[PDB]
Amino acid sequence: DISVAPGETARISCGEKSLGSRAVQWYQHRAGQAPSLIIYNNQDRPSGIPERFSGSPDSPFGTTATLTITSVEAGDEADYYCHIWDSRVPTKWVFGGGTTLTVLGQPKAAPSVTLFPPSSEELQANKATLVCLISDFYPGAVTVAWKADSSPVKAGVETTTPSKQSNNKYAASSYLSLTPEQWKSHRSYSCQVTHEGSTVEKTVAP
Amino acid sequence: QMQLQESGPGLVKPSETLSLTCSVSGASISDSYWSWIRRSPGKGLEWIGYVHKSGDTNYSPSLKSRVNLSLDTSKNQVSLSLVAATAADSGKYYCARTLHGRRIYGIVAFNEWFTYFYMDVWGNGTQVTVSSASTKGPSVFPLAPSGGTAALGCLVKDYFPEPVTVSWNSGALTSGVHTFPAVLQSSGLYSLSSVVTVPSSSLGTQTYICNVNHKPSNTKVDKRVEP
Ligand SMILES: *[C@@H]1O[C@H](CO[C@@H]2O[C@@H](C)[C@@H](O)[C@@H](O)[C@@H]2O)[C@@H](O[C@@H]2O[C@H](CO)[C@@H](O[C@@H]3O[C@H](CO[C@H]4O[C@H](CO)[C@@H](O)[C@H](O)[C@@H]4O[C@@H]4O[C@H](CO)[C@@H](O)[C@H](O)[C@H]4NC(C)=O)[C@@H](O)[C@H](O[C@H]4O[C@H](CO)[C@@H](O)[C@H](O)[C@@H]4O[C@@H]4O[C@H](CO)[C@@H](O[C@@H]5O[C@H](CO[C@]6(C(=O)O)C[C@H](O)[C@@H](NC(C)=O)[C@H]([C@H](O)[C@H](O)CO)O6)[C@H](O)[C@H](O)[C@H]5O)[C@H](O)[C@H]4NC(C)=O)[C@@H]3O)[C@H](O)[C@H]2NC(C)=O)[C@H](O)[C@H]1NC(C)=O
């Protein structure tokens, strides 16, 4: 994940080192929007895509697919995936990469974060839930990451799409479904809210 | 330009067949290859497979045993069928028009070339949650809270369907009340939190009770919350 000031150039590498001849495609995915094709056949550009976006050549062997975006602008703030085709590697059925590009020159409002531990009432019911409430942020795009102690957690995480508040800022909530055992065993859990390149963290301990 | 839209007939219970449709407008399905893609929370953006009129059709190794992609020329629709759906098949599904080219890096007669596929037109994608969720009332839990302000709330957990209503002290407390939109969980049930911001000094004086109402199951719960 990278953050770039408007006007500067962004560099995103994706995939493993190349073995044979390649045809790399690059895809752009903005939050809650259909993905787009930005690059195909390594360097070729579909209609509409500006020459600011450029891809890496499939030479020499051993190169890593790199997408370069010069003179960055707000619109280029999105997730960037690559789909690699290599004459010596088996066809890929999962897209690679996923790097998020944040552009820094934008008007914004940092999120407020409140994290609740599981309630003693829920625990007696042999269930546990961490509640991370996110409010008052703008634009309406956040990414939430959970930490059991120091290690990231993927399982059990449920996060809502950002919703517009009455004051035209955004709200969102992330839930971590957890067993009471997992809750007690770990020293602590953290909710990490990233917004326009800056992350806000809250931690609770059993 | 061309437009694509992914949709389901509706709700998928475990061990039922997931049936998705990709309606194509501004172009005929017979002029292009077509692909389905999905993003499962457990994994990343994965290519399900592609289909074509010529019979040029292949599926992902991990899904080949359960998936069927078909072309409906009459309805100009691209179809996806996934037998024995489970929570593992939950996520967002994309339909996309697929193009192809040939990477020629040697003599064509020496088989020194390969065909590559790329997606230039994607749909918004549709969300698929596989569950046996049915009418169910919510469980209500207190979210307990020196100086400064404090956030106390109520966790309205595991109900279906939407919606639920939440007030505080029967409407006597509306200041600093923020009810968040519910999350749809992998269980197919919903959960939301209602938090009210208050002065710490007030924690002793005032009494706090959230009033939760869920019509579909005729549930009414009054949960007192304290520190
Ligand atoms: C895929 O997807 C896509 C997309 O998506 C999107 O995006 C993404 C990215 C994400 O984000 C997501 O989320 C989103 O969604 C899609 O597409 C889409 O779709 C959608 C649907 O929903 C839509 O939406 C919309 O939006 C809008 C906006 O727009 C804009 O923006 C956007 C973004 O945000 C975009 O997208 C678009 O495009 C746009 O953009 C733009 O563009 C242009 C051109 O290009 C440019 O130029 C510009 O710049 C741009 N911009 C920007 C970018 O920024 C919005 O607005 C909307 O909203 C609305 O609506 C809704 C529903 O839908 C609601 O909810 C809301 O609320 C609104 O509403 C409204 O409101 C208002 C206020 O209130 C109002 O007004 C008022 O009015 C009154 C009156 O009223 C009345 C009475 O009277 O009472 C009523 C009644 O009812 C009536 N009646 C009748 C009969 O009618 C009446 C009458 O009218 C008579 O007249 C009487 O009067 O009225 C008064 O007047 C007052 O005063 C006022 O104030 C109104 O009313 C309302 N309205 C209504 C209608 O309701 C919406 O949200 C969008 O747009 C789209 N997009 C596109 C691109 O297209 C798709 O779909 C998919 N695909 C597929 C295939 O599927």
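By convention in this document, chain letters (A, B, ...) are assigned in the order of the sequence lines, proteins followed by strands, and residues within each chain are numbered from 1.
- The drug candidate or drug found at chains A and B is named PGT121.
- As listed in the entry, the molecule name for chain A is Fab light chain.
- Entry name for chain B - Fab heavy chain.
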